[PDB]
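Take a look at the structure set out below.
Chain letters: A, B, ..., in sequence-line order. In order, the residues displayed for chain A correspond to 5-110, 115-162 in the PDB entry numbering, which applies throughout. Heads up, chain B uses the PDB entry numbers, so what you see runs 5-110, 115-162. Counting starts at 1 for both ligands and their atoms, following the listed order.
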2 protein chains.
Amino acid sequence: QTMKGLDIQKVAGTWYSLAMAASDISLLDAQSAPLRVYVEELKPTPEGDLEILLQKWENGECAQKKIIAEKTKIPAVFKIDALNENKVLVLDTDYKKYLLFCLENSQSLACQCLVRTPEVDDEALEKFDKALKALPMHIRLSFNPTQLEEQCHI
Amino acid sequence: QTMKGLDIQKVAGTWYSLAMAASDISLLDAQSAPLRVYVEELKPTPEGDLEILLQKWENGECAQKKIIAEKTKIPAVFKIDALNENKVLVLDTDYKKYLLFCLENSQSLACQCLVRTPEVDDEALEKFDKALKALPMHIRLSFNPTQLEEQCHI
Ligand SMILES: CCCCNc1ccc(C(=O)OCCN(C)C)cc1
Ligand SMILES: CCCCNc1ccc(C(=O)OCCN(C)C)cc1
């Protein structure tokens, strides 16, 4: 599932990680689990790369991180340069309310439901759950509006 | 949601904790989270109480535990004696394949999908997810057949 006709410039700005799901419990279990990452801001570049500002709990504190996802020939697919080739996939967005994405290796998967506002969007969560229905996810987390306004959703 | 016409004697024997969900991430997050409990065996007593054999990861090892849930005037509701009054609710069972239950305080909630066999029962999981749809759950875990045959689902 990919977003046809994605305009990456229109995903700019503030986002909340309302929900997260992953193929492996260990990817999301603890506050310090590897893919327990809280999106803050998406900053698409003029050349169409994607800078991601996020928070991650590591070494007993809520740390700031900056990821750059490089564009590919497919608008809805980005690459993160590391020891491993990992793909960022944009499944679905309306730009103004929700965005669904997955991070996949070469498989392990973590996906999130991003929303624009610190509110539980049952409709976005329905799109999120329907997107994942056939994906092999074994852990799903969702956050309340109080948590969404805290550093690392504490 | 309670099981009408529950015969507690018919839930005896081997069960697998195929899936678990809870109101609070912290109840299920880590292997050592309080309600990360793996059912082994249900042993109803002649007088209609329920002994539960389970495993729980505590102090760096998979520990054996025995819980007794006392019957109430409602067949599908049991009480666990502690500092807190906690209710065990039997939502649904066919005795031969699946059983859904919740543990609730006075609220925080943890629920499980129990199955008779180390197999992913998509139908039981559908009943589980439909039962929880309006419950305020923020963490959901499910286990693969390999994990289901390991002590504490490692
Ligand atoms: C619209 C796309 C949003 C993408 N958001 C994110 C993309 C990646 C990550 C992320 O945490 O990536 C780290 C994994 N690397 C090191 C392989 C977190 C959020
Ligand atoms: C058919 C009913 C099955 C009930 N199964 C279980 C019931 C209770 C627990 C359980 O872990 O209870 C501990 C909580 N106490 C100390 C308040 C675990 C499993």
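Located at ligand 1, the drug is listed as tetracaine.
Here the macromolecule with the greatest number of atom pairs within 4.5 Å of tetracaine (ligand 1) is listed in UniProt as Beta-lactoglobulin. Other chains in heavy-atom contact with tetracaine (ligand 1) below 4.0 Å, by letter: A. Binding site of tetracaine (ligand 1) at 4.0 Å (heavy atoms): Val41(A), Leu46(A), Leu54(A), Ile56(A), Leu58(A), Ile84(A), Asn90(A), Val92(A), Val94(A), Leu103(A), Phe105(A), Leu107(A). Annotation for tetracaine (ligand 1): atoms under 4.0 Å from non-hydrogen atoms of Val92(A) are 2 (C), 4 (C), 7 (C).
Numbered from 1 in the order shown, with element, the atoms of tetracaine (ligand 1) that lie under 4.0 Å from a heavy atom of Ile84(A) read 8 (C), 12 (O), 15 (N).
Every atom of tetracaine (ligand 1) with a heavy atom of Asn90(A) under 4.0 Å away is listed here by number and element: 17 (C). Each of the atoms 11 (O), 18 (C) of tetracaine (ligand 1) lies under 4.0 Å from some heavy atom of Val41(A). Within the listing of tetracaine (ligand 1), atoms 1 (C), 2 (C) sit less than 4.0 angstrom from a heavy atom of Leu54(A). Interface of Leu58(A) with tetracaine (ligand 1), defined as ligand atoms under 4.0 Å from a residue heavy atom, comprises 11 (O), 18 (C).
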